[PDB]
A.B. asks: 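Got a structure for you, written out below as structure tokens; questions coming shortly.
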2 protein chains.
Amino acid sequence: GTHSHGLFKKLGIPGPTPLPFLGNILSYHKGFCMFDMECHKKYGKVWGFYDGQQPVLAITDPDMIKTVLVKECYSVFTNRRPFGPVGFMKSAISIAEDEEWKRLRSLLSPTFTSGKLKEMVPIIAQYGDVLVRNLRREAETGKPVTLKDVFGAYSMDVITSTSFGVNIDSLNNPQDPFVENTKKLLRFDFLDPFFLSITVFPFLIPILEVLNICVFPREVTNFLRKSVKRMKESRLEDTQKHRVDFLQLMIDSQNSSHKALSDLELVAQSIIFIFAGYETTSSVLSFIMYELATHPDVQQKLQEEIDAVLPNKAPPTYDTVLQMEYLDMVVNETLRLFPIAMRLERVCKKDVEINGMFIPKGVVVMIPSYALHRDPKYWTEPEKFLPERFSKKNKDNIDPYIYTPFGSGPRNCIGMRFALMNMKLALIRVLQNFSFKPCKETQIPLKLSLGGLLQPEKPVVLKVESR
Amino acid sequence: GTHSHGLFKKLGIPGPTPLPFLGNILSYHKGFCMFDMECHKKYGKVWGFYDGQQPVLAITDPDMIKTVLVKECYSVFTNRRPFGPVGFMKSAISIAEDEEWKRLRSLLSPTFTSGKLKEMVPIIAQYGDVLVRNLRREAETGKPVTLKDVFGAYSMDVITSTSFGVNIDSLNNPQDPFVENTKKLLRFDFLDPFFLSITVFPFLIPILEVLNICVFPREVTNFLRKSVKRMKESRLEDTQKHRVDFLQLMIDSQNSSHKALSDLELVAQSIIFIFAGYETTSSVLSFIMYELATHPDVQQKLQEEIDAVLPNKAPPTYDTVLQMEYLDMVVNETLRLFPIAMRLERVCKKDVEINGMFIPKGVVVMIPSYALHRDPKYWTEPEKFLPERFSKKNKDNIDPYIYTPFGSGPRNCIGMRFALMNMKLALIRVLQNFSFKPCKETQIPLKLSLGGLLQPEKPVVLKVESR
Ligand code: HEM
Ligand code: HEM
Ligand SMILES: Cn1c(=O)c2c(ncn2C)n(C)c1=O
Ligand SMILES: Cn1c(=O)c2c(ncn2C)n(C)c1=O
Ligand SMILES: Cn1c(=O)c2c(ncn2C)n(C)c1=O
Ligand SMILES: Cn1c(=O)c2c(ncn2C)n(C)c1=O
Ligand SMILES: Cn1c(=O)c2c(ncn2C)n(C)c1=O
Ligand SMILES: Cn1c(=O)c2c(ncn2C)n(C)c1=O
């Protein structure tokens, strides 16, 4: 009942007093972010709470966050919190643990070098132009535009081609088999009834694993396992058309210290890259277009910067993307306000003392990225969208352990450079062509979901006018 | 269903073909020992089977057993197979794992040195004389004697006094609170319905742990937790009566590298020493008295040896016990025929290759002590009780990885020297006084249980005549 609930009381650590069985989950009625903000204001730099019987220790000091995320990563803080049932997706790099993770991360890093990314840019840019043609169709018809639909389709297009060589105008092929299945790989709402039920009954996870029940929908993982094997074969026959997708890069890796990726592991990476990058990219893109529609001066400045680097609507390149400083500032400032991961977490696998504080074995150590991104101690007027924060002049005062939209240390976002390049390539191609102005039905100011995902209450709709 | 059942088929390893869900447990209808003998005869040096979905790899080569039990103990083969639900007995040294085990084993080894044992001998010998007075009462009344009752009471007497300073003629006080509770700490029958059900439904263990259901009976562990705390206090007051029991030795250890034993850990050791030594000691003692009643020449020789070392029925001492060579040979030969642990087991925690064979992570590696003790390749006429096997002349040919009545390596029986001293002290004091002859109701030859414990089908009853 109150089996594990005496922990933070004994260590002297403050927090919200838990209820038997539930722990503190009734406090999630306003979402993770409002709960972490409120805990921070009340209890200060460190506090504890219980997801059911699972103790979670929140930390906010940048030197102590560096010890967890960086310094003692391989020794103590290696793994994220177990969730399940995951079935074979246990072999996905984001879910693997200890030596399996370290091996998988070693096997996959060459797949995310800037050289392989530079090679993928011509593919991504192709669907930037596809986004423009579809944006135009909805702009020449004066009609408000749902960002997540048009950015969802773009993120989908980039995914299908950069991971499998599958080239699809998903917007206009919404019933292509590959689109209908990929659309289902959406991030998990850990506040929905099923996951809250598992949190309160974690002893039921083994029961679901043995019945082959799985949080990754069976129909979609089956479709991709057999889709991947069909590509694996057919790539061995017509072996002249060189490919630059993730699949091909992972196929070449098993043609080898460590063991090469097994065919099942490879399918698990392919699945988790999609899950990791699909709804995230489109969510961020939508948040950015919101800030630019509500800050027309910022939008004008960015469009001026783009036309200076790429005159006469010249196609963006790898090097010209990295050149655009205000674009980078706009992306970063949006990710400060909306760090869609919300939290970073590591399990404490050993009794440890770091920076002076004792951490018992088994605790989940949580870094509350949303709250730290909005803390007045590091960010003046934290609620205002102000890209000059990230000017090269002010970048000296920004702690890489307070601003963590992609995490930090060995287990950070492995697709970070890819996601940044992919979002900026879309942004340039869109802003070269259009301007984005509010509607009357634009939620101004935008409200966040009370749910377990960082996303707007109402969808973001805006008017799109052709330049 | 047949989730894990393709393992040994793929590795090329032979074994009995498993049924869905059950694995091979229907083959346990003749017990562990007959199953391991039969597997050995059929499949040779190495074979595999499934306890439910749990693969077990049996090994028989002494160089490969040394690698598991000795060479790669700390790195790969550290832990025994999980069973549960165990509740807080998770902190008992025999159940602890990895770094917890290593710490507990380090903290408890000084408690089992020959110096502390020499100091406990006067206590143990006291109950040797108590065994004699009770044996006499049943000998002057010509009436057959149930060994396990008279050796059970002796093992109980030695336990209560050497671990808690509690001095009781348990035979004649069978309703003393301390006796009635200790009598319940009996070894587990892993072939009984409850444990077979858990083997086939291991996913139910977490469900029982959360309801505080536990294989160590709650009533008995509660009685001992509060009995121990009563002694812990009262030992701090009258601190003049020096004590030499395990409790006192563990109390002195928390008056300190490692963390000292917590009060809950200490109670867990106290419990597991009883469980480990109570039914085992009396079982072996009974098997020995059987062999001596069925081999009167061996019995005469041993009694002659005792009267040569201890003339005029002199009290046995530490040094005079270690002097008696034929006594040691009789004990060892009995433990060859009846190695009551039946199997040694280690979990394989890593992908390993030892002595040329691949062992996947998660496999249970089993050393089938009963079968190896009766293998014709190492033991001529293995079924005959022949103590000369262990003469100093022939001790050169006996492989310490074939003969493993107490296991081997860092995780071997930590109470081994104590158990040997305790059984020999009883044997001497009894044989100095009595001779043991069969009954008509003596099961000759004795048959082993078809159950999960190495024990006689029928109880062992014998006539006891005073010398
Ligand atoms: C704007 C889009 C994205 C954001 C905001 C984002 C953010 C994050 C964050 C916060 C983490 C946790 C890191 C930590 O715990 O410290 C993470 C992990 C990860 N991300 Fe991203 N990500 C994005 C896109 C992508 C993409 C496109 C991929 C494609 C490969 C990807 C692959 C991964 C993987 C595999 C992990 C787990 C890495 C590991 O455990 O070793 N993400 N991401
Ligand atoms: C004739 C009586 C006994 C026999 C045949 C016996 C045999 C064994 C065997 C075969 C093991 C397994 C070792 C391995 O896995 O390699 C073991 C472990 C153990 N025994 Fe004994 N034992 C006896 C009496 C005792 C006694 C009196 C104690 C009192 C302390 C004791 C304490 C232990 C402990 C604590 C372990 C687990 C050690 C660890 O995991 O580190 N045993 N015993
Ligand atoms: C609240 N919560 C999480 O936030 C979570 C989780 N697994 C992963 N995360 C992030 N589980 C099981 C959970 O209950
Ligand atoms: C509502 N819901 C889920 O949300 C879910 C699930 N299995 C996995 N997930 C994520 N099941 C069975 C379910 O009923
Ligand atoms: C913890 N975490 C994230 O927070 C995440 C992600 N992909 C995107 N995000 C935001 N992955 C794979 C992940 O493991
Ligand atoms: C057959 N068997 C054992 O023999 C066993 C066990 N746990 C320990 N042992 C020894 N379990 C769960 C088991 O099913
Ligand atoms: C028969 N049986 C057992 O043998 C048992 C048990 N809990 C532990 N054990 C060992 N329960 C609940 C049980 O019904
Ligand atoms: C595996 N095992 C045994 O086989 C054993 C024992 N005590 C006696 N025996 C036989 N203990 C504590 C143990 O863990």
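The sequence lines are taken in order and lettered A, B, and onward as chains. Numbering of chain A is taken from the PDB entry, so the residues present carry the numbers 26-281, 286-496, in order. The numbers used for chain B are those of the PDB entry, and the residues that appear cover 26-281, 286-496, in sequence. First listed ligand is number 1; within each ligand, the first listed atom is number 1. Values reported hereafter were calculated over all heavy atoms of this structure, with side chains retained and with hydrogens, waters and symmetry mates removed.
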A.B. asks: Given the options lamivudine, minoxidil, zoledronic acid, caffeine, acetazolamide, which is seen at ligand 6?
C.D. replies: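 The answer is caffeine.
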A.B. asks: Give, per the PDB entry, the macromolecule that holds caffeine (ligand 6) with the most contacts.
C.D. replies: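 The chain with the most contacts is Cytochrome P450 3A4.
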A.B. asks: Which other chains does a heavy-atom search at under 4.0 Å around caffeine (ligand 6) pick up?
C.D. replies: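 The other chains with a heavy atom that near are B.
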A.B. asks: Wondering about overlap here: which UniProt-listed heme-binding residues of chain B have a non-hydrogen atom under 4.0 Å from caffeine (ligand 6)?
C.D. replies: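 Within heavy-atom range of caffeine (ligand 6), the UniProt set gives nothing.
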A.B. asks: When you measure from atom 1 (C) of caffeine (ligand 6) to every protein heavy atom, which one gives the shortest distance, and what is it?
C.D. replies: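 Result for atom 1 (C) of caffeine (ligand 6): B:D76 OD2, 3.4 Å.
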A.B. asks: Among all protein heavy atoms in this structure, tell me which lies nearest to atom 3 (C) of caffeine (ligand 6), with the distance rounded to 0.1 Å.
C.D. replies: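 For atom 3 (C) of caffeine (ligand 6), the nearest protein heavy atom is B:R106 NH2, 3.7 Å.
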A.B. asks: For atom 11 (N) of caffeine (ligand 6), what's the nearest protein heavy-atom neighbour? Residue, atom name and distance, please.
C.D. replies: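 Closest protein heavy atom to atom 11 (N) of caffeine (ligand 6): B:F215 CD2, 4.0 Å.
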A.B. asks: For caffeine (ligand 6), is B:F57 a contact, meaning one of its heavy atoms is under 4.0 Å away?
C.D. replies: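 Judged by the 4.0 Å heavy-atom criterion, B:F57 does count as contacting caffeine (ligand 6).
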A.B. asks: Quick test: of every protein heavy atom, which one is nearest to atom 13 (C) of caffeine (ligand 6), and how far off is it to 0.1 Å?
C.D. replies: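 Going by distance alone, atom 13 (C) of caffeine (ligand 6) is nearest to B:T224 OG1, 3.5 Å.
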A.B. asks: Just need the protein heavy atom nearest to atom 7 (N) of caffeine (ligand 6), so name the residue and atom and give the distance.
C.D. replies: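 In this structure, atom 7 (N) of caffeine (ligand 6) has B:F108 CB, 3.3 Å as its nearest protein heavy atom.
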A.B. asks: I'd like to know the organism the PDB gives for chain B, please.
C.D. replies: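 According to the entry, Homo sapiens.
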A.B. asks: Mind pulling out the residues near caffeine (ligand 6)? I'm using a 4.0 Å cut-off on non-hydrogen atoms.
C.D. replies: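 The heavy-atom binding site is B:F57, B:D76, B:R106, B:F108, B:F215, B:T224, B:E374.
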